[PDB]
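Shown here: tranylcypromine bound to Cholesterol 24-hydroxylase.
Sequential numbering from 1 along the given sequence is applied to the chain's residues. The figures that follow rest on heavy atoms only: side chains count, while hydrogens, waters and symmetry mates do not. Indexing begins at 1, ligand by ligand and atom by atom, following the structure's order.
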Amino acid sequence: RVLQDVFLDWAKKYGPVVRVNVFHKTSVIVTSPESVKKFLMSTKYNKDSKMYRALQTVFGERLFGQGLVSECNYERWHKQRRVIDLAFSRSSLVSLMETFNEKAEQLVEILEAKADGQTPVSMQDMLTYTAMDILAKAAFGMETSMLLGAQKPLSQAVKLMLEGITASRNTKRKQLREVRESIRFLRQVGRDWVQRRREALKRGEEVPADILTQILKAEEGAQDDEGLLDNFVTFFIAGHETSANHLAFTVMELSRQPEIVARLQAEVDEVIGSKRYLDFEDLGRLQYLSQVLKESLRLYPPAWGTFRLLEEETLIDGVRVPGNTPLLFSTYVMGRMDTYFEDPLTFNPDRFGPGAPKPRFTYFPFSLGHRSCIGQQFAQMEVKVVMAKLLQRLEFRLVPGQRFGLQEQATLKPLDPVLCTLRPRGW
Ligand code: HEM
Ligand SMILES: N[C@@H]1C[C@H]1c1ccccc1
């Protein structure tokens, strides 16, 4: 049971507008679809600086700073977004299919090597290394090779940093210094990878355009590299953590969903076959898998929502909310309200079937409007590639004792590490 589950009880009991404490700050959780549409779908409402200070700096160390997630002032964010947007064109994402295929295939062979049916493997960790290996190469041109046992300190540094964000937001000498040491380590990797890119361009090398290209470009007239490093850390973390968490939750759920797995296997067989490389066009045709990933997001959204600063006293669903109040919007909460979803605890991918009305402002795992996930299509593409490959080659069985609950760190993720034993598909 996480804090979001408490918010859900209160949304259900006390209605569509409810004053709550979150990250030790006062806020009003707003759960009507009409309010979601009103506040997220208009550029008039912007993020609440107060609620994002916990990402901007941690334990007296700059982290996300004023990067793309944590920048709340419209015009300023709009300056970065417009530039960084180019790195996410249809043609830019198509060019990444190689990275996604490579890392996915590497993942599967490591797993196939352990596929005896008695070797416990943490799918949470495995999926974390994959997501990080994908992001690092795709966004920055660098190989972290975590799948191959490499970069243990970097890995540890991300682990501690996320724990840092958590404790910061929820009220021991050593962990305090480790978190500071991890954050500094992280921004240091940043300058080195930035250093590497600039030096390569100073030797007149042809570097294919990526995310780093656009983050450098967004920081032209900068007295220092701090903005760029804000955006470096932003992408490094945002660009793998929630993707790994989404994947972990999907694998965990599917382990107790044998009929759904058969449909998925049946579908993977038709569209890709035993083919090794997935083409861009292959993704679109994996429609039942798309429905299952959507349904995984409804029940288990890694990023549970967002805040919008309400500048003036306003009437929200017959409720007078005082000005300068942070509005909380929770896709986690709405997804679990029987008011919006019939039998809400039932994992049913048929909810997203062809022909079913799309949810109207009751489902937003990538948020909505101008502050929506810039990485949506990136994430959706990479996770489809990863799952497709797993569904081709492997079957998982959750190790007895493995629980299905959640935890909240910087994001939602499984409470248990999704320990599985594996067999080749068919065994
Ligand atoms: C399944 C994976 C993903 C989910 C669930 C997810 C979710 C979201 C959500 C809900 C937001 C809004 C956060 C807020 O209001 O504070 C967001 C922001 C964003 N995400 Fe993701 N994310 C995903 C993957 C990615 C990846 C792969 C990228 C980069 C490649 C990324 C980059 C961004 C960043 C930079 C922002 C800031 C957007 C802006 O306001 O300009 N996301 N994402
Ligand atoms: N892109 C996803 C939502 C963002 C995120 C992940 C981890 C920490 C902070 C932000």
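Within this structure, tranylcypromine can be identified as ligand 2.
Proximity to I237 (heavy-atom distance under 4.0 Å) selects the following atoms of tranylcypromine: 7 (C), 8 (C).
Among protein heavy atoms, the minimum distance from atom 9 (C) of tranylcypromine is reached at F64 CZ, 3.8 Å. The organism that the entry gives for chain A is Homo sapiens. Counting protein heavy atoms only, atom 4 (C) of tranylcypromine is closest to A238 CB, 3.9 Å.
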